[PDB]
Peer 1: 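Dumping the structure here so I can ask a few things about it.
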2 protein chains.
Amino acid sequence: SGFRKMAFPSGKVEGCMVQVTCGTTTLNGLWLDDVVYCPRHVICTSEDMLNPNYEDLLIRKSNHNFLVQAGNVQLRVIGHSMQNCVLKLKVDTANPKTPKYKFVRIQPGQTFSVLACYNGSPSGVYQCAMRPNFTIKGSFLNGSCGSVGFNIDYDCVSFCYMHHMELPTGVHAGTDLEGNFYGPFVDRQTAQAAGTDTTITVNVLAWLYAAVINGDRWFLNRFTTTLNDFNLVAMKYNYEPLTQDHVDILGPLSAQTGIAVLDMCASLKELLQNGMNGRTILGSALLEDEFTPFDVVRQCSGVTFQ
Amino acid sequence: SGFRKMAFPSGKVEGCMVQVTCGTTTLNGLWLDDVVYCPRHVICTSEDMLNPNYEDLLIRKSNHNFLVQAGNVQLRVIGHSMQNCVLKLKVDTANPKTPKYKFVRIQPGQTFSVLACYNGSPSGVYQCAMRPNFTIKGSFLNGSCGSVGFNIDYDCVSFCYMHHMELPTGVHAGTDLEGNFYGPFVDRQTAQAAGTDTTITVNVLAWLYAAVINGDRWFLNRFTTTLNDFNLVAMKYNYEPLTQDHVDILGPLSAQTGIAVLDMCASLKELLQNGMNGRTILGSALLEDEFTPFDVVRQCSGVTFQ
Ligand SMILES: O=c1[nH]c(=O)n([C@H]2CCCO2)cc1F
Ligand SMILES: O=c1[nH]c(=O)n([C@H]2CCCO2)cc1F
C-alpha cells in the first residue's frame with residue numbers, strides 16, 4: 001500500500017512557535033506553558049558569532065530586550081536565563097495551545113520530524129534522522145534557528161532538537177531542549193567539521209522489511225549470513241556495526257514477514273557488494289537509512305495520534 | 001542550506017478531520033463550515049464494491065445512519081447528498097477550526113501534501129505529486145480513505161485531493177473535493193490499470209536548479225540544446241515533452257542561478273543518456289520529479305504561512 005518519508009502531523013507544534021527578536025537578530029522560539037525556549041545566539045550580532053562570550057553579552061540584556069511575538073500578539077517577558085546553549089524566557093502567559101509534551105535527548109540513528117519556521121511562522125515539515133556523526137541533513141535558511149524537531153506518541157509531543165547552526169559543508173547542528181548540542185558542535189562560527197557520515201544499518205534493514213511488505217522483493221536472495229560476517233561488510237561500506245540489540249529490535253518485522261533477520265542481512269550484503277544494478281526499492285535508487293524499525297511498523301500499521 | 005521533500009504544516013487540516021461510519025464501514029471525512037465531505041463508498045460493504053449502484057444503495061440511508069465524530073464529540077447530521085463520488089453530510093455545527101480554504105482541481109505535475117488519517121485521526125504528513133497518469137504514489141492503508149491532499153498559500157488551504165482507491169499495482173486514485181476522480185478511475189473494485197508513469201520534466205529541471213543553489217553542481221556541463229532536440233531525448237526516456245510554458249516557468253530559477261534553461265536541459269540530457277555513474281544529487285540516486293518550480297523557489301526562499 002505504499003511507503004513514504006512521512007512526518008508527524010505538525011499542528012501541535014505549530015501552536016508553540018513564536019518569534020524572538022533581540023536587538024537586530026530574529027529567530028524562532030518554542031512556547032510551552034509560560035516559558036519560551038530559543039537559541040542563546042539570538043543575543044549575538046553577526047560579528048559576535050566568531051568569538052562570543054555569551055555570559056558577558058547577556059549581562060547587557062534585560063527582560064524588555066527580548067521581543068517575543070506569538071502571531072500578532074506580543075508576550076510579556078518577566079524573566080530570562082541561559083541553560084547551556086538555550087535561553088529560557090519566562091513570559092506572563094501560559095501558551096493555551098501547549099500540548100502534552102516531554103523533552104527527550106535522542107540517540108544517533110533515531111528519526112524525528114522538523115517544523116521549519118521563519119519569523120515564528122511555520123514553513124514546512126519533513127522527517128530527519130540524527131546522523132551517527134551527530135549532524136542532521138535538514139533544510140534550513142537564515143532565520144530558521146529555533147525551529148524544532150519532535151516525535152509524537154499518541155497525544156504527547158517529545159521535543160528532541162532545536163536548530164542552531166549550519167556547518168560549512170551544508171549540514172546542520174543543534175541542541176536538545178536542555179540546550180546541549182548533539183555531538184561536539186558549538187554555537188561559534190569556527191572551523192567545525194563533521195565526522196564520517198556512517199549509514200544506519202538497522203534502519204536500512206527495517207526499510208528492506210518495509211519494501212517486502214509492499215511487494216518490492218527482487219533483492220531477496222537464497223543466502224544467509226552471521227552477525228560477524230555481515231559486519232565485516234558493514235565496515236567496508238561505512239555502515240554501523242549490527243548488534244544483537246538491533247536484531248532483537250527487528251524481531252517484529254521478521255515475525256510479520258517470515259524473513260529471518262540474518263537472511264535480510266544477506267540480502268543487504270549482496271546489495272552493498274553488487275549495488276542495485278539500476279533497479280529501485282520503494283522508489284529509491286539507494287539504500288535508505290532514515291526509517292527506524294518503529295517507523296516501519298507504525299506506517300505499515302496506521303498508528304494515529306490523538 | 002539543504003533541500004528536503006517538505007510538506008506543508010498540517011495543523012489547519014488536522015482541525016478538519018473527522019470520522020464517518022455508515023453501517024459497518026468507517027473512513028475519514030473533512031469538516032469545513034457545516035459540511036462533512038467523504039467518499040461515497042462509505043455506504044458500501046466490501047461486497048458492494050464489485051458492482052455498486054450508489055444511488056440505489058443511498059436510498060436505504062438516512063441522516064441518522066451517518067455517524068460523524070470529531071475527536072470524542074458526535075456531530076448531528078441534518079442532511080446528506082451525493083455529488084459525483086463524494087457525499088456531503090450537512091451537520092448542525094460549523095467547524096470552529098475551519099481555516100480559510102478553497103477547492104482546487106490540480107493539473108498533473110503539481111504537488112501537494114497528504115495528511116494520512118485513520119478513524120478521523122491524523123497519522124502523518126507527506127508530499128505527493130499528481131502523476132501524469134492521474135495516480136498518486138501515496139502511503140494509504142485500509143481506513144485511510146477520505147484523507148485529503150492540499151496546498152497552503154499564506155493563510156488559505158487549497159484542498160485538491162481526497163483518497164478513494166488503491167489499484168492492484170499499489171498506486172492510489174482519488175477525487176477532487178467536488179468528487180470527480182482524477183483520471184479515468186472509478187470507485188468500483190474492478191480491473192483498473194494505470195497508464196505510463198511518465199516523468200515530470202519541468203519538475204526535474206526545477207530540482208536540478210535546487211541542486212545548483214545548494215552546491216551539487218557536478219552535473220553541469222559545457223553543452224546546450226534546443227527544445228526540439230531535448231524532447232527527442234525526453235520521449236525516449238518517457239519524460240513529458242518540455243514546452244515554452246515550462247521554460248518560462250523556470251525563468252526565475254534561471255535568473256537566480258545564471259544558468260540558461262536550455263543549458264540545464266543539456267545537463268539533464270546527459271544525465272538521461274549516461275545515468276549518474278554512482279553519484280548523487282541532493283541525496284538522491286535518481287532524478288526527482290515531485291518538486292515544482294514553485295516548490296523550489298518557496299523552499300529556497302523561506303516562504304511561511306500565517
Ligand atoms: O518539563 C516539563 N514540564 C511540564 O510542565 N510538562 C507538562 C506541561 C504540559 C504537558 O507536560 C512537561 C514537561 F516535559
Ligand atoms: O466553497 C467554499 N465555501 C466557503 O464558505 N468558503 C469559505 C469558508 C471559510 C473560508 O472560505 C470557501 C470555499 F471554498
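Just so it is clear: chains get the letters A, B, ... in the order the sequence lines come, proteins before strands, and each one is counted from 1. Just the heavy atoms: all of them, side chains too, but no hydrogens, waters or symmetry mates, feed the values below. Header entry for method reads X-ray crystallography, 1.3 Å. When a ligand or atom number is given, it counts from 1 through the structure's own listing order.
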Peer 1: Quick one: do you know the drug at ligand 1?
Peer 2: tegafur
Peer 1: What is the name, according to UniProt, of the chain making the most contacts with tegafur (ligand 1)?
Peer 2: 3C-like proteinase nsp5
Peer 1: If a contact means heavy atoms under 4.0 Å apart, which other chains contact tegafur (ligand 1)?
Peer 2: A
Peer 1: Taking both backbone and side-chain atoms of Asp33(A), is any N or O found less than 3.5 Å from an N or O belonging to tegafur (ligand 1)?
Peer 2: yes
Peer 1: Return the UniProt domain name for the region of chain A with most contacts to tegafur (ligand 1).
Peer 2: Peptidase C30
Peer 1: Quick one: which tegafur (ligand 1) atoms are inside 4.0 Å of a heavy atom on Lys102(A)?
Peer 2: 14 (F)
Peer 1: Which active-site residue (UniProt) of chain A lies closest to tegafur (ligand 1), and what is the heavy-atom gap in whole Å?
Peer 2: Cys145(A), 20 Å
Peer 1: Could you identify the single nearest non-hydrogen protein atom to atom 14 (F) of tegafur (ligand 1) and state the distance to 0.1 Å?
Peer 2: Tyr101(A) O, 3.2 Å
Peer 1: Would you please determine whether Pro99(A) falls within less than 4.0 Å of tegafur (ligand 1) on a heavy-atom basis?
Peer 2: yes
Peer 1: So, at a heavy-atom cut-off of 4.0 Å, what does the binding site of tegafur (ligand 1) look like in terms of residues?
Peer 2: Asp33(A), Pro99(A), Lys100(A), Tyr101(A), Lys102(A)
